[PDB]
Participant: 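Got a structure for you, questions after.
The numbering of chain A matches the PDB entry: 188-404, 408-414, in order. Note that these values count all heavy atoms, side chains included, but never hydrogens, waters or copies made by symmetry. Every number for a ligand or one of its atoms is a count from 1 in the order of the listing. If you check the header, you will see the structure was determined by X-ray crystallography, 1.6 Å.
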Amino acid sequence: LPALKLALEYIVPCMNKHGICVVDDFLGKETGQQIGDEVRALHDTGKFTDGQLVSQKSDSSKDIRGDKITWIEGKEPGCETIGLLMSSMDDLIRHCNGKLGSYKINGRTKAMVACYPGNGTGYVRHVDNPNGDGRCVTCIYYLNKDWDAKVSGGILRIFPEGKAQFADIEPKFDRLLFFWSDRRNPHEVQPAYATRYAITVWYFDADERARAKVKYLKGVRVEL
Ligand SMILES: O=C(O)CNC(=O)c1nc(Cl)c2ccccc2c1O
Ligand SMILES: [Fe+2]
């Protein structure tokens, strides 16, 4: 699918109606596989953090750690297919510009690459952007060949505002997900029993981010 077609015929109407959108087979398998090798390579060469402290036991031999991360700009040695994905995410968003809510997306973060190490850790119920920091859309790409959740866990459970029900999304190979970052979409990752990779970028709305600047707040100091 051409990027603009996916945008106009799927991502735009779906986001505006449901605020959660799944595109399967986004880059195809040669390119997915390649991103996979790049992410595994970052892992094996120790580029990730050790993982979120889950259980801080008193003896610390026995501390339990969870999701590991690394931030990627997209041009680093070893990361060029990741840079490629990011560029591809950007192209898709830019083809939706204007058309997702009344937002005007002018910015994103670096890619946050996450590895749930498969030791039964997950990620607690949260909202990505609760306090108005400018992030309007979360975009995650999943890396996980032949993932079977019945076996390996690691479902993303989203809990849309004012719904009795949730939405389970499997972290399937070459799947791209978008959802609104704010309190509309509380979500969690259920415990993962196999190594589970995902790559997230967040997109900024211009107005929200411009006044987050003010609210939050050397520099951005000047003078006297
Ligand atoms: O990976 C997934 O399917 C969903 N993950 C997340 O919702 C998620 N969200 C945040 Cl805000 C963080 C934040 C830091 C590290 C990992 C995160 C994470 O996996
Ligand atoms: Fe999240």
Participant: Tell me the drug found at ligand 1.
Facilitator: FG-2216
Participant: Hey, quick one: which chain has the most contacts with FG-2216 in this structure? I'd like the name as the PDB entry has it.
Facilitator: Egl nine homolog 1
Participant: Most contacts to FG-2216 come from which UniProt domain of chain A?
Facilitator: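 Most contacts sit in UniProt domain Fe2OG dioxygenase.
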Participant: Please check whether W389 reaches FG-2216 - meaning an N/O of the residue sits under 3.5 Å from an N/O of the ligand, judged on distance alone.
Facilitator: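 Between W389 and FG-2216, no N or O pair is found under 3.5 Å apart.
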Participant: Heavy-atom distances under 4.0 Å decide this one: backbone, side chain, both or neither, for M299 against FG-2216?
Facilitator: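 Answer for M299: side chain.
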Participant: With heavy atoms of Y303 as the reference, note each atom of FG-2216 found under 4.0 Å away.
Facilitator: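 Selected atoms, number and element: 18 (C), 19 (O).
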Participant: So, 4.0 Å and heavy atoms of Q239: is FG-2216 close enough to count as a contact?
Facilitator: no
Participant: Tell me which one of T325, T387, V376, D254 gets a heavy atom nearest to atom 16 (C) of FG-2216.
Facilitator: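 Looking at heavy atoms only, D254 sits closest to atom 16 (C) of FG-2216.
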Participant: I'm comparing FG-2216 with the natural ligand. Which residues that UniProt lists as binding Fe cation in chain A have a heavy atom under 4.0 Å from the drug?
Facilitator: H313, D315, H374
Participant: Which of the UniProt-annotated residues for 2-oxoglutarate binding in chain A lie within 4.0 Å of FG-2216, counting only non-hydrogen atoms?
Facilitator: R383
Participant: Find other ligands or ions closer than 4.0 Å to FG-2216.
Facilitator: ligand 2 (FE (II) ION)
Participant: Mark the output for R383 as yes if a heavy-atom distance to FG-2216 is under 4.0 Å, and as no if none is.
Facilitator: yes
Participant: Give, by chain and number, every residue with a heavy atom within 4.0 Å of FG-2216.
Facilitator: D254, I256, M299, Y303, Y310, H313, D315, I327, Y329, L343, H374, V376, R383
